[PDB]
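Notes follow once the structure below has been shown.
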2 protein chains.
Amino acid sequence: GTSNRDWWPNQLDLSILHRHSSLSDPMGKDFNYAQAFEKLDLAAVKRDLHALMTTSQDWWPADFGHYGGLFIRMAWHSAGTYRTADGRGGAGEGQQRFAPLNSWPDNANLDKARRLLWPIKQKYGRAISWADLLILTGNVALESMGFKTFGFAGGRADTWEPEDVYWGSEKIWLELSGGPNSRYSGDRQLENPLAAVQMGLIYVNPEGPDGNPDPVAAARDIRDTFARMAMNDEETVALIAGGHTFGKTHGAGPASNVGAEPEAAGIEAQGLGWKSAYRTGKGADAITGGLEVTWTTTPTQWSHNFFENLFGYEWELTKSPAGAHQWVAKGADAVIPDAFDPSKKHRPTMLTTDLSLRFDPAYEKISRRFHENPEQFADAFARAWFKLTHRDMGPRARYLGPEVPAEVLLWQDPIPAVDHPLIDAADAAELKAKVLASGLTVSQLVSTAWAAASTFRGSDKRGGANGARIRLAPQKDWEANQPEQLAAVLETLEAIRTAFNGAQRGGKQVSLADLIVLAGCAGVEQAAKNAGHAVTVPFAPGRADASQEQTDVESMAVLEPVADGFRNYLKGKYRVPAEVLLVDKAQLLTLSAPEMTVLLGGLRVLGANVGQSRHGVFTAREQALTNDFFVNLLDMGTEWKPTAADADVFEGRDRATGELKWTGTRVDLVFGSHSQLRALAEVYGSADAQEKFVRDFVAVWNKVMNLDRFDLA
Amino acid sequence: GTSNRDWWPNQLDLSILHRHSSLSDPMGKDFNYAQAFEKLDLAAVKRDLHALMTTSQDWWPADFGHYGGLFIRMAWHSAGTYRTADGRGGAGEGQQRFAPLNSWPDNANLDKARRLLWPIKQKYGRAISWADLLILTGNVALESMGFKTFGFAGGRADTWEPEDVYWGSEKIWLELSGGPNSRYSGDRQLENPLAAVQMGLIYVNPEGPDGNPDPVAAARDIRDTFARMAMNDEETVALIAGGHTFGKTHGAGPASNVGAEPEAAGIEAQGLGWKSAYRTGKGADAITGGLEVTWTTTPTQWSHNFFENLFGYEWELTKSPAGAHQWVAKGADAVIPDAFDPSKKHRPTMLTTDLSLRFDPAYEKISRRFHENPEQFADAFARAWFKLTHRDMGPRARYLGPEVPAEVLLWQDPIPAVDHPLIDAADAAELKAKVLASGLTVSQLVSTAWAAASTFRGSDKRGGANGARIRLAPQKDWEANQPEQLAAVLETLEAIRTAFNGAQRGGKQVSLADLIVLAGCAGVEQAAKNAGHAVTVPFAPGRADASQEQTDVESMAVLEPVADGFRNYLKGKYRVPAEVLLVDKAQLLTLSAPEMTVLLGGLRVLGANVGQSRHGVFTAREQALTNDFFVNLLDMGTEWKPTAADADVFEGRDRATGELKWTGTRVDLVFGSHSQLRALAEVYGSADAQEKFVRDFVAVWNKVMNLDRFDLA
Ligand code: HEM
Ligand code: HEM
Ligand SMILES: NNC(=O)c1ccncc1
Ligand SMILES: NNC(=O)c1ccncc1
Ligand SMILES: [Cl-]
Ligand SMILES: [Cl-]
Ligand code: NA
Ligand code: NA
């Protein structure tokens, strides 16, 4: 059946905003996963997982009698899709069990690993999510094999449909770079937001770049991809050598023996895939990725044998039984055990990308230090494994259970505890009046609070107004945030704050993070007043102020908005049309299409545009909260044309006289073009809509202000 | 950006069950359109519409100074997408304003028509839907031009995103038959559920079949497509001749002048399309469909001139200025007015498909009768226009406002009014005990109520248990309904009924329609008890029993389930895989995917399969309401393979011994295969889920039993 996507393949896709409705969720509307998890007997779960590690099933026999390696790779892959550019991917939604990730070639035979876990998932039911279970199982694997983990937090709620994620434009799995949809350009520059080198890989190609088995060049791909997954050199070497302390690869025969990935397999395969015609198709005959490497002499026990081997031998380029490039230790004895036959042994082997850790000079220094000091290695790996597996979980307040680490890590964007009474409703009212009396405008107040709160992204739950990080480097200098104007607003609010906190008794005080948000609230109330409407904008106190020392400035860089349609802002010229970027931002903000529409139309008339641009400011009463954006946008008395100076800016002229009425961007005019968005604009542009527009605006404003407020969950 | 649909294009699509969530709806959760409409000043709306008729806008000037013809075509097209096969299409959801319908070639320049209505829409806001407004406008157009309509009903709630409808498989607009995705096979057999001859047409090609200008052959396509849109010969002739009493076609120059349809046009076009480079691109120079025909001497006034012209001249084949085939009256004077130039007149013209009304022998007789008896023509057209425009509105209870016709029409599947007291909770308890004491089994009770209630489809709001039509022809003879078993259950229920009604005082009585549903409820209660659960199933009385004379047997045929996965039924071998048909049925039933899943799993263990098939009956306690379907389906101790005798049936064997445990269909096993459905099955197959399963099943059962209950809305 031909669909709208077939006829109009470049049209914007709003369905990405409407996933995760109560329609697709089997749990009741009131189900609270945190409450279910908090009563799980986590210790009992772990004991079952521990027993599972050495209980082999004949449909996928355990290598060396121990599934530990398989499960560690499973957990690593669950986490390893994460990209810092957008926060998308990661383990936090259990997306490995859905398309496309359940069928990525790099996830081959993890369908078996997930299936091994059904009996435990079935036992404990809604009290442990798949998302939590994947990571937990990886921790229990490492613990069972002698490795002390840094901790574990529950709280990743299950999701019930695939996320809409851009994974690249290629139409062939694993396509080598340089094709018609190449994700590389210039001098091996990977396009943002991607964080893998080929479609369907987690990070890099284990043979080397586009299959070229050069460890030095592979190292460049390793470093780039792992940085784009939030990991530095030390963390990267710790993770790869730590992982490859365990288990083995699977490449026992040619890959052409391996059948359809799960989403393409027949219905009788019951959600599994990659069925192999090679000998028994499993166990000793397994084929997963096509390499045949076993790193250590004790693949089911933590050791420092990965580095002993890496540095204790010289390596020769060889081929697996499937034809893949890999490396074997020159002159070595057969000291590596076989996974099924106790009378066979093998020489040490390595991937090209393992050798990267020795032949790249910066990695070499770290690998050497870890080799000489394996306790350093163990600590770095534990910390990195925790970071890896929790990177997308959000604020520490979301972390559940008895194994949460007490140490606060810089990468968490930590927020200090609040240790005083909070302001009450009367205090809030007093503060809003003092804000409005200072002479700060609706435009300043709205813009500042928008800038602070709208860094939040639901993808990894980073950002938001909690912390008052807008007053710190680097947020205070981002162009979208209007640095000079911001500095003036923050100076006024800080003087108001100092004066309020100085008059209190009893320890009550207000954080600047709360006051920024409250001041925006006051601005929205004043704008409503300016339009002849008395409304109260809800406000919840309890944010705290983080320090510069608690703020990693480089990690913060990925939250810079280079495109923010809600402020009519685009930092440069991109390949993706601005309206697509608007919908992408709305998704990150967790907005629906109605919420996006209301919010943008309100912001336009409140003066929230960067640089006071008149684009989309379709009103003669700016700073009054009215539906004028919609009524004027939809007025058929106005004709629109692109400008000669810029195809992305449009002039709205009176159709009869030619007089210039307005200018707008693509982000403005999409609301009058896109058939679904224009239907939403019509509701808010109707003569009966002023009350609705105000109410719905206030509601979405408050939703945005509270996006990071997991302390109130 | 490559998507799951690109990688796995034949995978089932569940998003069709989750469209129309509260996320995409701008109205609040409690918005009730009926209540808004009942407060509309309908008379004021009609006055505005009357004014609009002759208020020409320069951006799309009115032909003859009157937009009545354009609006009539607009309403006719809104309604004209309807297919009796699935009840999809029609005017009842205002889908003409969304893709793909807003951009169909046959809807060219109806974008202008809808835009002319914006000011009225804006004025009256949520109190008149677009869906109602399109039809109302068409009525006002007819009234303005002198034609008295049969009535009008409001109540078509607006929808907020495109429906997922199969409109065909062609990848080229207007593709002629016989291509790689032909909708025709055999001797010009149009594939079900389609009701148009080419992709993007309403019914037929106005030039003739695949462009061949033979009116006799065109008549065959007219008859088939209009029958597939619920219209017989009389109604068809009346509608086409009635419609073509007004207005004109537009084909002033070559079609190559016409640019992109709305979904493809630039953002500056602000939701319009088909901008034309021919002369002024509008008005006298309009190009819509490429023909250049004006039927009558008074195109803005009701007349009897259509049949005078059809029969009063002989016709000659000619070409329009765009090159399309059309017909001109031989020897005629220039009697037809020009739409813009008072000094020009034209000869009478006709489409090939107009000539069909004279040259097909069955139409000729009707056309003659209408020509000789114009009052009969007028009355038939009024009734047919009412039917056309209300066909998908459902039961009369949904009809709103002061212009609803009092006459009850056969096509409405009418339900008699209830004129006596209803049974109360004590009576219900007594009737359920009598049902359970009669010896009717859980299987019989469930299957009967399922067969009665599950004929409902939300697409056109036909079917459901109200009316007790399961006891009449043709439902009582459908194979899916197990006629012999049904007749035995109905005889026992009728005897219960007769005995209860005979013991009453007052006029209290129970309809058979209510008792069928109540008896089903007792069966579910019994099944729950058999499993050890104490469950009361909700029941709402008030259904009435329709007569055979109130049940058009031919119109009922399209509700016959030829595929019903909920009873593991398939009447023949189809090209569409059965699990796609299951999702289709769920959509018609208004079910989400979690609802579909719970319902099917319960039905399987209750004995609702046709013929008592064991396929999917994954329990050793049939007739007890348990989650056994899920627990056994997901058991990895069973391996599944298609049978050698039939690729669509699967055997589930013990993995270790090879012993046969179960058999299933595609519909059964899709729940263990499709990654989203399996995630739902897991919830219900978990150790903590038995009570949730039972409660969710009761809820969905009740939902199905009440689908047609608009008397309680
Ligand atoms: C450059 C980065 C990495 C590359 C190219 C890579 C490559 C691979 C390959 C090709 C396999 C074999 C798949 C199969 O045939 O079964 C594998 C196995 C494995 N990897 Fe990695 N890996 C990388 C990083 C990591 C990380 C960061 C971890 C965890 C901290 C990890 C843990 C494992 C484990 C435990 C196995 C063994 C699985 C088993 O025993 O079934 N790897 N790796
Ligand atoms: C066999 C069925 C029919 C065919 C092939 C057909 C064909 C067409 C075509 C080709 C046009 C010209 C479109 C354009 O260039 O502007 C048209 C116009 C129109 N048709 Fe039909 N038609 C059919 C049935 C109907 C019916 C059932 C109605 C309403 C009851 C209707 C009412 C109209 C009216 C009023 C117009 C004039 C539009 C104007 O004045 O702008 N037609 N028809
Ligand atoms: N692809 N996923 C996201 O963008 C997202 C996920 C959860 N909340 C907001 C956004
Ligand atoms: N395409 N539309 C339908 O199938 C439908 C619409 C409303 N309720 C049930 C089904
Ligand atoms: Cl994601
Ligand atoms: Cl539809
Ligand atoms: Na994420
Ligand atoms: Na319909």
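Chain naming here is simple, since letters A, B, ... match the order of the sequence lines and numbering starts at 1 in each. All ligand and atom numbering here is 1-based and tracks the order in the structure.
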Could you check ligand 4 and tell me the drug name? isoniazid
State which chain has the largest number of heavy-atom pairs within 4.5 Å of isoniazid (ligand 4), named as in UniProt.
Catalase-peroxidase
Worksheet item: Can you list the other chains with a non-hydrogen atom under 4.0 Å from isoniazid (ligand 4)?
Response: B
query = Per the PDB, what organism is listed as the origin of chain B?
reply = Burkholderia pseudomallei (strain 1710b)
- Under 4.0 Å to a heavy atom of B:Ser459 - the qualifying atoms of isoniazid (ligand 4), by number: 3 (C), 5 (C), 6 (C), 7 (C), 8 (N), 9 (C), 10 (C)
Notebook entry, point to check: Which other ligands and ions fall below a cut-off of 4.0 Å from isoniazid (ligand 4)?
Noted result: ligand 6 (chloride ion)
Select one of side chain, backbone, both or neither to describe which atoms of B:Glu93 lie under 4.0 Å from any atom of isoniazid (ligand 4), heavy atoms only. side chain
Exercise. For isoniazid (ligand 4), which atoms sit closer than 4.0 Å to a heavy atom of B:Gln587?
Worked result: 2 (N), 3 (C), 4 (O), 5 (C), 6 (C), 9 (C), 10 (C)
Atoms of isoniazid (ligand 4) close to B:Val165 [distance to a heavy atom under 4.0 angstrom, numbered from 1]: 1 (N)
Using a 4.0 Å cutoff against the non-hydrogen atoms of B:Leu588, which atoms of isoniazid (ligand 4) qualify? 4 (O), 9 (C), 10 (C)
Problem - Per-atom contacts, isoniazid (ligand 4) versus B:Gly458 - under 4.0 Å to a heavy atom - result: 7 (C), 8 (N), 9 (C), 10 (C)
| N/O to N/O below 3.5 Å, does that happen between B:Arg457 and isoniazid (ligand 4)? | no
Would you mind running through isoniazid (ligand 4) and noting each atom that sits below 4.0 Å from a heavy atom of B:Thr590?
8 (N), 9 (C)
| said: Quick check on B:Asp164 - does any of its heavy atoms sit under 4.0 Å from an atom of isoniazid (ligand 4)? | reply: yes
Legend entry - Heavy-atom contacts of isoniazid (ligand 4) within 4.0 Å: B:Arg88, B:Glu93, B:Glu163, B:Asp164, B:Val165, B:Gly458, B:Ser459, B:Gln587, B:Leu588, B:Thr590
